Amino acid sequence: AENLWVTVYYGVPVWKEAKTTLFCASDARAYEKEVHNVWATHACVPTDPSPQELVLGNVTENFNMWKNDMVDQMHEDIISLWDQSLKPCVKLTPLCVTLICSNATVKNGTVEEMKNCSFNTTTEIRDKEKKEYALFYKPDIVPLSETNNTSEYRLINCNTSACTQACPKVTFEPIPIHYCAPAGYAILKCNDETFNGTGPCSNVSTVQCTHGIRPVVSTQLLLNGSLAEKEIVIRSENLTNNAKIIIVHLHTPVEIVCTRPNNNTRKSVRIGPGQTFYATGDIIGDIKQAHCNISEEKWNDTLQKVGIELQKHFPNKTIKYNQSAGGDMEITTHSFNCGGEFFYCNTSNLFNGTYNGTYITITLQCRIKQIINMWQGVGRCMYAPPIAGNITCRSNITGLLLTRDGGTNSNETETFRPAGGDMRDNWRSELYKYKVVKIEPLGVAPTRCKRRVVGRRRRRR
Amino acid sequence: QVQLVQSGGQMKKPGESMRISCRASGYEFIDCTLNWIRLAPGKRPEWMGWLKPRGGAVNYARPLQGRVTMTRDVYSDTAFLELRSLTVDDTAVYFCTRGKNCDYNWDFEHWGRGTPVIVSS
Amino acid sequence: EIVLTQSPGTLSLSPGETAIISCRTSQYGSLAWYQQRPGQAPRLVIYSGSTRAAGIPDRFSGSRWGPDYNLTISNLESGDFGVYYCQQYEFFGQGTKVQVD
Amino acid sequence: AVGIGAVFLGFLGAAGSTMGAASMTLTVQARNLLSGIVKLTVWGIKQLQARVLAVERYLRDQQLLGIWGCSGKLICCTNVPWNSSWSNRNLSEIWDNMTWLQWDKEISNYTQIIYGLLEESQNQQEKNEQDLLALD
Amino acid sequence: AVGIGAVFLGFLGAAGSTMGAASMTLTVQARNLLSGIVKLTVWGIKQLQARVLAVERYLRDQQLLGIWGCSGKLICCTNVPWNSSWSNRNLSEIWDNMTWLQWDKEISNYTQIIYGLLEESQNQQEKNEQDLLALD
C-alpha cells in the first residue's frame with residue numbers, strides 16, 4: 001500500500017450511455033441540390049469533410065441494434081420531414097366528384113390497367129364549371145354504391161381522408177445523409193464484421209458522423225443498401241420466436257431492372273385559382289405494361305447461399321420459401337418508388353420452391369398506384385403526379401426481409417415468407433453499427449499527492 | 001383500460017364458413033400484434049395466426065393455413081377471423097387475445113369474452 | 001419435437017392445502033402459466049419463468065429446474081381451483097385440472 | 001499518446017491505453033467539448049436544441065473545478081485523504097494496468113459522496129478566508 | 001448556516017442571518033445559478049427562452065471576476081481603499097448585525113461607481129504589465 005490523496009483530472013476520455021437529437025450532414029455538394037428535395041432536408045450542410053475515424057485499441061463495448069435509439073430518431077424525423085415538404089402543396093378536395101368512367105382506348109388498341117374518367121371541375125370563377133377528363137392510370141377507383149349503374153366511380157381518398165399533391169418541384173431521392181452527434185457526445189462504431197446484432201463488440205472505433213446512409217423506402221427487399229463485408233448475415237431478435245423480422249444481408253448484390261414502357265403524357269387540369277391538378281392525359285405509343293427483370297442464375301444462387309446460412313441456426317431442417325401470406329398491397333407485393341412512380345411488384349417467382357442449401361430471366365408483373373397511403377400505415381394521403389415518358393430503373397438488392405411460419409410444421413421442414421410494412425426495419429439494417437455515448441469526464445482518481453501547503457503552486461505530482 | 005370486445009356465439013353446419021369479430025378499445029391506436037386462440041374442451045389449446053394491425057401482416061399457424069383468413073379495419077379498431085370449410089372437429093371457444101405489452105406478445109394477458117362456435121351434423 | 005408436457009393429469013385436493021403442477025419443455029424459451037375456471041377467459045398467473053402477474057395473489061410460485069419447470073401453489077382456497085395451462089413461445093400444454101375433494 | 005496538437009480522433013484511443021498514459025494529451029477533450037462539428041425545418045431547430053445543451057453541460061463541469069480550487073488546471077491535487085473504503089490504497093501499482101474507462105466502475109456509487117469531501121477541502125480554505133493573514 | 005453539503009434550500013436562511021454567517025457556505029449559490037431545475041408547445045419554447053438567459057446571466061458575473069483579478073475565488077480582496085462617503089468606516093463592528101439583504105440598500109447608488117475603482121485597481125496592475133520586472 002501507499003499514502004494516497006484525492007486528485008482531479010477532468011478532460012478525461014470516458015463515456016456513458018445516453019440519447020440525444022442528432023444533426024444531419026449530406027455528402028459532397030448534394031446539400032446544394034438538397035434544398036429542392038424531400039427525404040432530404042433544406043439542407044444538411046456539413047462544416048468539415050466528414051467522415052473521419054480513429055480505431056480504439058483494447059476497447060470492448062456492448063452493442064444492440066434492436067433497442068437502438070438512433071432508428072427512432074430517424075423514423076420520427078423522416079416522416080416529420082416528409083409531411084413538411086408536402087404541407088404547402090395543392091389539396092385535392094375539389095376532385096371528389098361523381099366520376100363517369102369508361103374503357104381507356106388507345107391507338108388501334110385498349111389498355112387493361114386504367115379507366116378514362118370524366119368529371120365536372122370548377123373554372124377560375126366559382127359559379128361556372130366545365131367538363132374535363134383524365135386517365136387515372138390505376139383501376140383502383142372505388143365504384144360508387146347506392147346505384148345499379150356500373151359506370152359511376154369515385155376517388156378513393158374521400159371515403160376516409162382528403163389528400164394532397166406532391167408538388168413537381170420537390171423530387172423523391174434517396175440522397176445519402178450522414179448523422180453527426182453534437183459536441184459532448186461521440187458516435188461509436190462496431191467494425192466486427194461477424195456481429196449478429198447484439199452482444200459485445202471488440203473492434204470499436206469512433207467517428208465524427210455515420211456513413212452515407214440513404215433513406216430508401218421499400219418492402220420485402222432492401223434496395224441500394226450497404227452490403228456485408230465477408231459473407232451473408234442474418235439478424236433477428238430471437239430466431240426461435242416466429243414473430244419478429246429476420247433481416248438478411250447479402251454480401252454481393254443482384255441487379256433488379258424495372259421499367260414502365262408506356263409513353264404517357266402529363267395533362268394540366270385547372271381545379272382552382274392557382275391550384276393545378278396534373279393527370280395522365282393520353283398515351284402516345286404502343287402499350288407493353290410495366291414489369292421487372294431479375295437474373296435467373298444470380299438470384300437462384302442467393303437462395304442457395306442464404307438457405308445454408310439459415311440452416312446453421314435450424315439444423316437438419318430443409319428451408320422452404322413460399323408466397324406472401326396476406327396484408328395490404330403495400331406488403332403483399334414488393335413495393336418501391338423509382339423516378340416518381342410507385343411500383344407494386346407481384347414477386348412472380350421470388351418465393352418459390354424448396355431450397356435445402358446442401359446442393360443435393362425472372363419476370364415480375366407490377367401494378368402502379370397514384371394515391372398512396374404512406375408506408376407507416378395510417379398517414380397522410382399523397383397523390384403522386386404522373387411522370388411523362390418512359391421510366392427505367394436499375395438497383396442493387398442487398399437484403400431480404402423474411403418471417404417464418406410455425407409451430408407444428410413437419411419436423412424436417414420450415415417455411416419462410418417475405419415481410420415488411422414497418423419502415424424502421426429497413427433503416428435498422430443500415431443504422432445497426434452505431435451507438436451514441438455521452439462523454440463524461442469522470443469523478444476523482446487517487447494519486448500519491450499531498451495536501452497543498454498555504455496556496456502554493458506545484459510542479460510534478 | 002385496454003380491453004377486447006368480442007362477439008358472438010353461433011351455430012353452424014359442416015362445410016359452411018364462419019366469421020368472428022373482435023374490437024380493441026381503451027387503446028390509442030391498434031399498433032401491436034393480436035392473436036387468436038382455440039380453447040377446445042378436452043384438448044390442448046390451439047393457436048391461430050397473429051395479426052399486425054399496422055400493416056396487416058399475418059402468419060397462419062397450424063394446418064389451418066389453408067382455411068383461416070384474417071383481416072382488420074383500422075378506422076373501426078376491429079379485427080376479424082374467418083374460417084372456411086368447417087369440419088365437425090372445429091367446435092371450440094375462440095379467444096381474441098393480446099400480449100402483456102407490445103415488445104413481447106407471447107404473454108397473453110388480455111383476452112376477449114370468448115365466442116363459442118358449435119358445428120352440428 | 002417442440003412439445004410441452006404437463007403432469008399429473010388432474011389433482012384432487014382438500015381446500016387449504018398445497019399442490020404442485022409441472023411443465024416439462026424440450027426447447028429453450030420463456031414460460032408462462034394460465035388459470036381457467038369454467039365459463040371465463042383464462043387468467044395470466046406468472047410469466048418469464050417465476051415472476052408473478054400483476055394483481056395475482058402471492059399463493060403462486062415457480063422454479064426453473066432446467067429443461068423441467070415446476071409450479072407450486074400454496075394453501076389453495078376454493079376460488080382458485082380450475083384448469084392450468086403451460087405456455088412457451090404458441091405451444092400450450094395439455095392442461096391440468098385442479099379439483100376439490 | 002505523446003503529442004497534443006493531434007486530433008480528437010487522434011488521442012481517444014487512450015480510452016483503452018493505460019490509465020497513467022492516458023493522462024497525457026488531456027487538453028484535446030477540453031477543446032473538443034466546446035463546439036465540435038456544430039426556411040425552418042427539422043435540422044434548424046436541432047441546431048438550437050443540441051447547441052444550447054452542449055454549452056450548459058460544459059459550464060456545469062467547469063464551475064465544479066472553480067469551486068473546488070482546480071480552476072483552469074487539467075490535473076489538480078486536492079487536500080482530501082483517500083479513504084480506503086472507496087478503493088484499496090495501492091492504485092499506484094495499478095493505473096499502469098487499468099484504463100480510465102475501467103477505473104470508473106470502482107467509484108460509481110462513491111463519486112457523489114466524494115464531491116462533498118472536495119468541497120470540505122475548500123472550507124478548510126473558506127474557514128481560512130476571514131481571520132488573520134490578509135493584513136500582509 | 002454553516003456547512004456545504006446542504007441544499008440550495010438548506011442555506012438561504014442566511015438571507016436573514018448575519019453577513020459573517022452568510023459569508024460561509026457561499027458556494028451553494030454558485031452551484032444553483034448554473035442549471036437548477038431546468039410536439040412543440042408553450043413550455044417547449046419556454047425551455048429555450050429561460051435556459052439561454054440563465055446561462056447568459058452566469059457569464060456576465062464570471063466576466064467581471066475574470067477582469068478584477070478575483071477569478072475562481074468566492075471571497076476576494078481588492079486593492080481599493082474604502083471611501084468613507086460610501087459608508088462609515090466601522091462596518092467591521094456592524095456586519096454582525098446586518099444581513100446581506102440589508103447591506104445592499106446602503107450601496108445601491110454607489111455600486112456602479114465602485115466597479116470603476118476595482119477596474120482601476122486591476123489597471124494599477126495592468127499599467128504595470130509592460131515596463132520592467134518580467135524580463136523573467
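Within every chain, numbering begins at 1; the chains are lettered A, B, ... in the order of the sequence lines, protein sequences first and strands thereafter. Partial entry; contacts are within-part only. Just so it is clear, the values below take in all heavy atoms, side chains as well, and ignore hydrogens, waters and symmetry mates.
The drug or drug candidate found at chains B and C is VRC01. In this entry, more contacts with VRC01 (chains B and C) come from one chain than from any other, and the PDB entry calls that chain CH848 DE3 SOSIP gp120. Other chains contributing a heavy atom less than 4.5 Å from an atom of VRC01 (chains B and C): A.
Looking at heavy-atom pairs within 4.5 Å of chain A, the leading chain of VRC01 (chains B and C) is chain B.
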